[PDB]
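Letters go in sequence order (proteins before strands), and every chain restarts at 1. When a ligand or atom number is given, it counts from 1 through the structure's own listing order. These values consider heavy atoms only, across backbone and side chains, with no hydrogens, waters or symmetry-generated copies. The way this entry was determined, per its header, is X-ray crystallography, 2.9 Å.
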Amino acid sequence: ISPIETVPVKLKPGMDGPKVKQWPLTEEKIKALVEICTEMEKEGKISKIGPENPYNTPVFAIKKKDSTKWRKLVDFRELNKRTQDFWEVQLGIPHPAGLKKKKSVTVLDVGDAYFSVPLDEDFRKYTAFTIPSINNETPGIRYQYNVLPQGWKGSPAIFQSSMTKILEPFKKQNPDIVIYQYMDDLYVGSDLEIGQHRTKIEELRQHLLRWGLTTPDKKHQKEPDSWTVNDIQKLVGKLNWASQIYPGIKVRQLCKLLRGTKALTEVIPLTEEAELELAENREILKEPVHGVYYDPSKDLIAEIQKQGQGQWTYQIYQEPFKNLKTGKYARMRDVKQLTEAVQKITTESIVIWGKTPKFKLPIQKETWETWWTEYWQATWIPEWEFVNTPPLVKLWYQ
Amino acid sequence: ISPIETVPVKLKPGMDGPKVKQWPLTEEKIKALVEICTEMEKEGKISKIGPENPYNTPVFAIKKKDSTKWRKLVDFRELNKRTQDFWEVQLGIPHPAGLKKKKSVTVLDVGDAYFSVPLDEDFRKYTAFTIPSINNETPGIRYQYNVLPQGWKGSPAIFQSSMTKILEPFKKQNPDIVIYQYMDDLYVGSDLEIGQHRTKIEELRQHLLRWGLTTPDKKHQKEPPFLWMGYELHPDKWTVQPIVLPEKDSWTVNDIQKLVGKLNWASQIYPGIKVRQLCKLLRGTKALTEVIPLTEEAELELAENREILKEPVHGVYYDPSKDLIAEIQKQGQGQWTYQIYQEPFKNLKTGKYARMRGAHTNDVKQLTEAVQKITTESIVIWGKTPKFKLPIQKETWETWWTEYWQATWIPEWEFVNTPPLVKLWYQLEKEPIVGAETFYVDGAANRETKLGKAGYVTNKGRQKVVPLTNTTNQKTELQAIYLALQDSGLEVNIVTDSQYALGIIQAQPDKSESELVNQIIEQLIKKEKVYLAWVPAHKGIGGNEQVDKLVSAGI
Ligand SMILES: Cc1ccnc2c1NC(=O)c1cccnc1N2C1CC1
């Protein structure tokens, strides 16, 4: 028996519950989903069947780590827009601008807590959803959540008081270690404690279990000559173009070099306004030279990952040719490659900005909807968009 | 009535019960809408007089077609609108292609059902209507329902739902005789010796009848090869039925729209049907009655389709599980098609894939586009992706994803000797050929004056210009490449000031959709080594400033 012990969750003026879809899951994928949900229903509260409420929320069944069992990854993306973004004002868990500065960060899936511990009242009806049936032969019936849904940002907003007190005994015994709760996950980060963090983390993975049942099941240790003419079609062309994400900085007296015609001959290699501009530009290209590049916690963080070969270059920027961070993930031998990058980026946007970015993926809309859910482990869901036909590299890098 | 469990129904927040009145069809109306409304109780009490305090709704009697008695009608649209987003919608079509095979199935229809199941009580008050009582000075006869009313979306959602509650104990007391429902229609089927099937239908019809739902039949009443949504089906196989009647020209867009309709439905199993040219011309036609002139080829798409439409194309083994589920894309109808199958002859599902998408997304790239329709399709029809029998093979495929500017992933695919289509028609040398006559490209044209200019200028002091009138710069820059090719042999390196122009060539397209591009391709297929390269739109680049000049002045 709990019994009564809620928190008044509500939606922004002029809103209704999501009425999304549910992607037609592979059968085996539903078979499990159907299992995860039955134990959940008998595991009480966590779920109970609905029948006269329209709201629905995408639901996927997946596995995580080296895999053995499965797990539901429920896509509360519109309920967020619909509740959290609104109920993002107070309840809100603010973001520590040092978590990155604290160079070593282990993250713990402390989210199981959200379950039976606390709950929804009067609003359970919006966390509805459905588990399918191959070819819709049966009206694959729908459940309703009766506890905090391990998914929406609306939960930790609710669970920050319980979570705060629980983490209190540690925040002192082990003073300033920056702990950041984001959404079912904790970025306990710390200074380069000589490989150590292995310790304190398991220390906390344990403190959680002692002083509560909050469980980050396992230590979770994510512990971190020929200067051909054509060569200038290249050199210039991109050079001319790099400085665009810059002011009108010189390239031209290096430029003009190719006058007249004749493209397989070498130009110079050795000149004033050439070497003393190739280089002049050369020294100009180093990350920190920037300018009025600023985050405006008010304009969405757009991102554009560019497929490189075995490698993949990515670029998080807030508004046009003004990147706020532009690095490259890369693992040789690919849809399941983007998969690993789109995650790497968000898990990094977070540590850095308390919010995931909106992805512009170089993939066919639907070759993703079919298996992003293959090697997709993380519990949050970056909001993506399929931007194709196409990007422009042939440099950008070197 | 029905002893079943009522579903709570609240009126969209803020709103209220319908205030819609009407004005009589005299004796014709009332009289019909009474000798019946009186049976809304005394012959199965389906409503109760309760005339003053509630709201209202539209009474109206119709009935005519193929029968003998004046039917009532009240598909109340206001009530209909003061609650409606409310339920989760009936929404799905099981594709026969996957319905596994039962030995014997049956479709017991159900009696007036959406009226047997009950309707709340803290609601009904808004399902009232007034029948003027007596003649002209008709006092006012007012009812209100007690069951699902006809034409009120609560009905289908609640109904679909009340009946699968009822069909559960049964559907538990004897698995394996699993069933399906779509409106007054239960397509019950199992693999039982006809005999016992005969009685286990009685049980289903009996368990029904003790929950209202008095299933009208004589233990399976219905012509054995039922009419699904099209899909004339049978545990044997399935198909589609009447498919045509196109008299002769006066062919308006209204018609053509339906013909690609009739043809597409048919795609299901009839092999190689292929609507490109019959909806091709179907463009603009902003008006139905626009008797669009057909064309030369449309006649072939109707033609070649015509003959295809025999009957040596019907059904599948249904899902018959344990068999690989091969799916080969015998692609090449001057477009792309596929058939999902299980074993040897008889197919499982036939579906095309015309690609109304791209500046000639190649064979390789159109093929891939097609694997994720089959893959997406399969995943929904049988809950899995197919083995693929593909007319392509490594190399071609291999290198393209490996080097295509975007991402993609494909299930087990295996190749088969047939009409290749392996579009490795022309590839481009990445390093500017030396001992080659590099041509400088530039074309131009004015916005107002349609004055275009087909440029080019090589290192061998060569040059030429062919004028063009009625183009746009993004056209002159391609003729500006056609020439360069057309005026050279074997090698050839082209330098342009167009990202677009190359994007076409580089994407290495195919198929005539813009004749410049159509020929700028054929040249390539046969020109030992080539190498497009970009140079910043003018800005005085070497070789580009020069040609720039040629094509500029003349505007
Ligand atoms: C139209 C329809 C939709 C869904 N399932 C079925 C049917 N009807 C059949 O007649 C049918 C035919 C073949 C196999 N299953 C069938 N059945 C299944 C129930 C035995």
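The drug or drug candidate found at ligand 1 is nevirapine.
Of the chains in this structure, the chief binding partner of nevirapine (ligand 1) is, as the PDB entry puts it, HIV-1 reverse transcriptase (subunit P66).
Lab note: other chains with heavy atoms under 4.0 Å from nevirapine (ligand 1) -> B. By chain and number, the binding site of nevirapine (ligand 1) at a non-hydrogen cut-off of 4.0 Å is B:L99, B:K100, B:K102, B:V105, B:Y180, B:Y187, B:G189, B:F226, B:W228, B:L233, B:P235, B:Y318.
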